[PDB]
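Model: Proteasome subunit beta type-8 / ligand bortezomib (bound form).
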Amino acid sequence: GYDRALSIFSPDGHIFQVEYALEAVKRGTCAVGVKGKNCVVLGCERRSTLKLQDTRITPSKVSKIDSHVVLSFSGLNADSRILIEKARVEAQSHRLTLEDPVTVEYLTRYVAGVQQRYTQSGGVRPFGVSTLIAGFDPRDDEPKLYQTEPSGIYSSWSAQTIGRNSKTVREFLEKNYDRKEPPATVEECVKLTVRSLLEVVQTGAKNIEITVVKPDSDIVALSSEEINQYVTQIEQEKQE
Amino acid sequence: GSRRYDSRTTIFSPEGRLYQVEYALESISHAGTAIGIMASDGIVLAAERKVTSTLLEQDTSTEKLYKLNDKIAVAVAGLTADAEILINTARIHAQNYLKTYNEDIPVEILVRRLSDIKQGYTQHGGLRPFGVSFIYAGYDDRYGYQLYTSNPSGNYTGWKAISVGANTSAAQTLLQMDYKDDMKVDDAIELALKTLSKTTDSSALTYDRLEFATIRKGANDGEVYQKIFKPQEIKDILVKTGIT
Amino acid sequence: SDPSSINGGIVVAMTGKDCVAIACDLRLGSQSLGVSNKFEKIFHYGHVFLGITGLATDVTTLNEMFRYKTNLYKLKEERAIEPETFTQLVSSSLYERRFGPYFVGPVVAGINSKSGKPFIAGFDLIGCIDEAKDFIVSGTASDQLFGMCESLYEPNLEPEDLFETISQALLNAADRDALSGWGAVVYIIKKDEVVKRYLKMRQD
Amino acid sequence: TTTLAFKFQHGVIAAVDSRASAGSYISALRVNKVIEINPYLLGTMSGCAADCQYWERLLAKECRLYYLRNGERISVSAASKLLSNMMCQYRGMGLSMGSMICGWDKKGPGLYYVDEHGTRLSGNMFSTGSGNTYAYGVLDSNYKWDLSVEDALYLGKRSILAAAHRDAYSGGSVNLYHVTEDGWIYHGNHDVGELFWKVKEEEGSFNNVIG
Amino acid sequence: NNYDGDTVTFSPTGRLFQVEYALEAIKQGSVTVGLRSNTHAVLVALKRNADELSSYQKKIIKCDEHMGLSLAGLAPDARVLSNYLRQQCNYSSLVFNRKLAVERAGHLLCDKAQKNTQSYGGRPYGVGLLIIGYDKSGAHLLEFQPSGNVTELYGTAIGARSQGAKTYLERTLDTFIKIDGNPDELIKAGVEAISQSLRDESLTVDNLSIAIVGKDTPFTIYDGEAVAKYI
Amino acid sequence: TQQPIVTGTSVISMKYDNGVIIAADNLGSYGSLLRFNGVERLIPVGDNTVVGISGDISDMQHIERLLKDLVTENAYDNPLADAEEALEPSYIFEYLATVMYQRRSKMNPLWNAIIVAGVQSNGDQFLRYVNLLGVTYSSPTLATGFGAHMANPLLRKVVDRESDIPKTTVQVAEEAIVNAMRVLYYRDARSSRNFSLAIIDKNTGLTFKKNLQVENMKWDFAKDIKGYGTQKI
Amino acid sequence: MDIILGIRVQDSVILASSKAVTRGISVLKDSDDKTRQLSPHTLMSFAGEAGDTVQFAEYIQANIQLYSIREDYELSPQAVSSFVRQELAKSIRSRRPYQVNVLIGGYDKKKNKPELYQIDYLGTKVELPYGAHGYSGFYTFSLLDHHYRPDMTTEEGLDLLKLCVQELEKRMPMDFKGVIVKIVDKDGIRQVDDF
Amino acid sequence: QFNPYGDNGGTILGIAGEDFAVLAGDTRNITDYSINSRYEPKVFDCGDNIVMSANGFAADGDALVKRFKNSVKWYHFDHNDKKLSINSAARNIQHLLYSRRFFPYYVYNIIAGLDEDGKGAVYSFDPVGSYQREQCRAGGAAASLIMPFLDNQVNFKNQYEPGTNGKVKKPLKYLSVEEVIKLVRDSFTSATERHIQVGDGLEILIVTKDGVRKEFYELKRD
Amino acid sequence: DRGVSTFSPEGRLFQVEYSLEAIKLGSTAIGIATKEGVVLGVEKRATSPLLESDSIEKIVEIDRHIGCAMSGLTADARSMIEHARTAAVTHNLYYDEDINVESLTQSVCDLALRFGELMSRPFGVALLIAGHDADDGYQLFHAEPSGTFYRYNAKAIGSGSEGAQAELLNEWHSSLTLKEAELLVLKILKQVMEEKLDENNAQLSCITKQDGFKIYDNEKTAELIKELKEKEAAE
Ligand SMILES: *[B]([O])([O])[C]([C][C]([C])[C])[N]C(=O)[C]([C]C1=[C][C]=[C][C]=[C]1)[N]C(=O)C1=[C]N=[C][C]=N1
Ligand SMILES: [Mg+2]
Ligand SMILES: [Mg+2]
Ligand SMILES: [Mg+2]
């Protein structure tokens, strides 16, 4: 079998293949995650270079791993499918062997472990993908939001963004998001998520996707018109 | 040892691109243009054969349009030999699904499977990727008529109208201009041929330089028919639309 | 215990003048218990017809397998498979399980689309081909069917006469078999039309 | 062997005998048929002693690793399932193990029956081994959810005594356990010889036997 | 230069540079001395610390009741090779009820190290070993190089500044070989030998490591206050 | 799992003051057929060990080749192969014992019973038994098959315990062994008159005696035995 | 285990399964639910050798749940039954086959039709208006053959099911400790808590 | 058909004192009705103040002891010459036995020594690896003859105090090493009389804080 | 290119030496051993204020009697921790006892050099393994990707290591109390950290014979930080 060590250290103590995988993430469309008091919202950018697209059948950016956990990403699209499939298999494997669904932290730890494994295994390259994993633990009303990256490190975030121009939207979130008082309602959480994407997106038409996840496996994706109403209200307040 | 001669086909560039995938896409940009257009009552697949000869046996020839099953077909752009490897795998996958569930495979599931195979060659194994881009035209009872494309990266997307191969930039602009949502198959047939006629590198668009196919519910009552056009039938539709 | 007689069932095929016929009972049982009266044992792949007797799980499995293989054949060959070619495919497929066989008694019937010649064939569970001119029998009442066919059959029967002959061969054989019956179907096959007839019979 | 376990108001009681035999020969008078997996988990033993000891001490390994990775104690449901999955791998290979996994977790008290076939049953009351039929008689006629810890301990004790008396392959002594939300509590070793006479006098039972 | 990228490549003068670079790792290692008489064999090792808070890296490893070694270079490679010796000594006992001859132990180490010098992908071992032992033919001392070369000697030293101790033993050859039935005097000669390789630092109580094996003496290692007697 | 085809019967042995004696007949039986009359079942290993083998002959020949290879292998890179690092009886036995137990553990045994007789470096007598099951034991006298039932009782009258070994001379020990071989010829239906005998002494070394015969047999009393009860003529 | 029954009426499928579990000569449990929800509109009851039953059921459940998540779509009862059949036909020629018989009751939301599939451990599949496994059919099929109509209501289906259980309770030597009854229709799966 | 198992007879006995432990066993080795050896040692000093005996099929017994002795050696190598405690040795032996769960070592095994508080310890094993600490255990051929006698004379079972008539038990007073050896010798003398596989010789290994001592006694040779 | 297991002309493995450079870029971790216990402390170093700092887990339990702190490519540590936990619990299964700290450390270090062309590269993380056993008492080990491990009275790893180690050189003595060690870790962490030390960006832990391994609460550490400030202002 092909055993070639592709991810290796350089004289300055860097693994370039892992670092170049982060550059692939930088190229990917922007993804954002914001957790309110009783919910988590996942926002995703859709680049409008591709029109004549069939939005019914085109792979959506946010993927359900189980009925209570979701996963969005930034980077190579094909790479993300492999992580999602593995995550979905592990979710059912956990339910089967332990009789409880996975915690959001556990699912994140698994996906992060897969990413790490691909940084010190022979004949393979790292995943060019960073993920945002969100949801609610079984019989728990505390929101969960985690981030992973090609190196395999993961951590919990009150709010986070990844992908192209993520530096700008993180700048926005850092000054707008208050920890002592997070978005109390679904409206406030979605509004803040749309606002953050409007710093980067371009047009607020079909370029913004929003997915709201609430406790007890209550997950819904907002439509174009519902999002368009947020886009309208934000700019009308801005004209002042 | 052997390491000396390894090109390392599955690595990132400093910019975060996959070298071999990008170069495979460069190869595909020189292949004959293939176009797919989805209508409310069917799908059209049109494709240009590359600089042919008068001594080529056209009626028994197939380089662009292939049948995966009774409901799904593909248009090819790139290395034909590479495409046939993948096509035969897809044909088997469709039959595996049918045997397991006793239902015809949903279009997206077949597309995802082939796209995952392409993805694998970019991440592990140390082999060159498949220099192929597909346009998938298919029907199932969930989403109805569907158009997809996949490329050597293993990434796939859905479309109302799309082109692959040569002059896609020019072709996509022309499609984006004249396409409408309430369009029908007969209109889509005309759009596909008109787009090829303007984007072609050849002097004139003739029957012997084309492969054509439709997927219609124009089959007697609630069912779908695949029509791979014969040379004489391509010649007739060229006259009908007013190109020759 | 005997896998070939757990579920029960029969199939018979006959040649006629420019036609063939293939027929089967509809019973599926668990030894003495009758489970289903709609278990058809005849399938078709294009214009080639295949009847299968024996263990029901293998009947279903082999149908799905030959559907799989004939669909690929057609995609590659760009034509429907012929009875002679399909017969060899059945034989090859059964012999590959020589030491772990499907417990079945397949029967092929059809008309070659090019030559127009009627064709029938029978197999044992492991692929041996019996290419008869007159008739083929299979199942738990095969002894009964042999006796009926060997006396009732005559060559060059017209389609509507052949129907009566094969129907009476099946019906009376099934009525002397505890594990066969519960309905019956007969296919009458001509070069470009096929008629399917369900027969009325005793339901015990 | 006779083992029993039952859920009640104030947790779960676990009681076992202590006899081990090789044919008619009583090879051990005092075997420990309960394993302390962790301060909140117990496992009973019936069948082959080697299989019971090996696979339930291996279960404790897996429950400890669960706690280290997750920082949280394993549920009774999850622990019982890990064990039943171990049995499913050696499915048909000839293992002989019948056990009850007793504990207290976030859902309150928990009790699962697991055997060598891979069977996994949740319930309020179970009994296993050669003398389980005798124990069930006493249990079924006296069990309530409204039992006190004192009365519940006695019921499980008295139920093992019933089996030890009649079943030739049950006896020796009774080991009692009481599982709470603050952990299991051992309630001693009780010789059946001494217990029988004590119960006969105080309770008036076993009139048929002369003392 | 162009021929040192891997172990599978000879240079134009017939040299194996990766093996030579592995040999270099031994020279960087701390000094260790070996010497023997006709009755006993002794190892003396100068242990090295990282700093004042750290412990002193152990240098001597027991392989069997009648055999053991001292290391200089990559310590993990010594653990791998000593583990192999333990297994081979143990295979000899379990199968043949026979204590493994020291000479045969050297032949086994040679062959194990050699395989790493001729194949692609692997690397040579980066450690040198001094094996002592007492078998049916008396006391023995061996020197192992990761090139594969194993040598039987009366006395020797490996590691940094080992040339000083090696010269001393070459002078003392006729004296220390005759130290029969006197373990303490043989150790003294070894401690005096390793002292010829010291600069700036001297032998302290947690610095010095000594091992001995002999006629009626199992392989035993002395550390801590057990070697204060010899300081 | 197999069955033995061509077989060898008893091997008998005992310790004496300065060494050990071992003996075995020269027959290779094929069931009740006394097929092969020139089979050597005592196999010397160096000048300090004799391995006596009973049971399946094809397996014996295999073991014979293993021992021959063991000598070859011991000499490799061994300057003291004919001195301090020569093969000992204890080494040879432990090797065979390892092989026998491994083969039984794979359910494919070497269908033999083996006695390793020899003298160690320090002059100590070595005498140990091993068989197809990997079972091992040592005793002042050892015998396989019929020898265990008939020879051991006779040999144990000479050396009944450990303290009788120094009191037993080589002449007395050989006399007992030779008598036992005669008794086995009277009573074992798979025995032969021809046998081999080996003595391993700490002073005089290995003495291997071939083509020995059972002699001084009592048969004359047979002439007086008539009928099975009442018959007089 | 012992008893599993199924009946397909006008607008629903009703599955009835016994509650008993026996080890040796002792009935360990009289409230066991011999069923698993494979999807919101598909229920599978099971009976066979100890251990294998639950193991197989949970394995099928995990596979269907995995499919549901991957495609964001519920497989038709027919598709699920074919998947199950293939797994059993695969299993019968394995080193150690899974000795499990199943009934699959589902409501097809596309066709708006209830569907009942009977599959034995060999992988023998049949679609039926009513079905059973083991000896259950020997006692009950004569009643079902007589009383069954395809236009029956759910309430009429339950009454005919009660008559079947009563006949079983009269003529079977084994005490199966009553049955748990579940209904599968357009609204999903629900349990009849009084039977 | 080849039978990989055999029976070599023999009997063993372990008794735990207050600050000592004894492991005894007869020296006779047999097959069927023949004697293989009158003196074939069966109880072994395994190092670290632990004694061991694997009674039953001698080939499996020798293999297990050999592997445990090996396990002690590697325990020293791997854990800085740490002394293997009797409880740790016992658990280790369980895993040695259970590795052959489906092709078992056909032996009843006993080990004896001192626990970590200096008190006498005996552990007893079945062929598949179930084990437990005990005060008293006889194993092997005559195990059923000896154990009841030890229940009576070591644990004072069914013995009460005169005058009370069954009300007060005989108190469980501790036994000296001289007292235990008397009970061991009488146990084997009695077993020799009624069991054909027991005889020839008796070898006792006594374990104290000072080390392992041996004692040998003659038994009847018939 | 060149082999992954290649020696340099100086006699060092290139990859091992390069992994050591990655560890120098890692956040600081300090360990101090005393006769009353071993203290482990780490710099969390959150990349952004929105990152919930309590999810940063750079101090980890291996067993009840063994703790572990990490520095460098922390993702690499997860499989090492998993192996350590398995080794610790497996030894308890085989020997009915706690495993020696040195033996646990040796087991972790055996993974280190299992790389080539096994894993494709060495680990890019260093570990401070602290614990207690009955034989050698309270112990602190430094486990490197070279496969080497040194025992230490006190040790610092990560970006501020050489500065911290010089400070530990002067401050450590054999009579340190547990409380004194706690403040000493906080003091040296505060010295080498970029951001100002508080209970949210720094974490403490310890291992004692009685209570075993414990990660300190943010409330408990906050008091020790306040106690540190006052005693530094006291002179
Ligand atoms: B009990 O009877 O199930 C008991 C439980 C075990 C944990 C000690 N088992 C045994 O007594 C079995 C025999 C048996 C008797 C009755 C039913 C089932 C099994 N004996 C042993 O496990 C055993 C093990 N080693 C030595 C002697 N006996
Ligand atoms: Mg009938
Ligand atoms: Mg009893
Ligand atoms: Mg006797």
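Order of the sequence lines fixes the chain letters, A, B, ..., with proteins taken first and strands second; residue numbering starts at 1 for each chain. Displayed portion only: the contact tally does not extend beyond what is shown. Atoms considered below: every heavy atom in the structure, side chains included; atoms not considered: hydrogens, waters and symmetry mates. In listed order, ligands and their atoms are each counted from 1.
Every copy of bortezomib (bound form) included, the relevant parts of the model are ligand 1. Contact chains for bortezomib (bound form, ligand 1) (heavy atom under 4.0 Å, other chains only): D, H. Neighbouring residues of bortezomib (bound form, ligand 1) under 4.0 Å (non-hydrogen atoms) are D:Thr1, D:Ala20, D:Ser21, D:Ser27, D:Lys33, D:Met45, D:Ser46, D:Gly47, D:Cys48, D:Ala49, H:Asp126, H:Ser130.
Within 4.0 Å of atom 6 (C) of bortezomib (bound form, ligand 1), at least one protein heavy atom is present.
Protein heavy atom at the shortest distance from atom 27 (C) of bortezomib (bound form, ligand 1) is D:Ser27 OG, 3.2 Å.
Distances between N or O atoms of D:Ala49 and those of bortezomib (bound form, ligand 1) include at least one value under 3.5 Å. Looking at atom 24 (C) of bortezomib (bound form, ligand 1), its nearest protein heavy atom turns out to be H:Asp126 OD2, 3.7 Å. Nearest to atom 15 (C) of bortezomib (bound form, ligand 1) among the protein's heavy atoms is D:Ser21 OG, 4.2 Å.
Annotation for bortezomib (bound form, ligand 1): atoms under 4.0 Å from non-hydrogen atoms of D:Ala20 are 11 (O). D:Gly47 O, 4.1 Å is the protein heavy atom nearest to atom 19 (C) of bortezomib (bound form, ligand 1). For chain D, the active-site residue flagged by UniProt that comes closest to bortezomib (bound form, ligand 1), at the heavy-atom distance given to 1 Å, is D:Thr1, 1 Å. With hydrogens left out, the protein atom closest to atom 2 (O) of bortezomib (bound form, ligand 1) is D:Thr1 OG1, 2.3 Å, a heavy atom. For bortezomib (bound form, ligand 1), the modeled covalent bond goes to D:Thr1 OG1.
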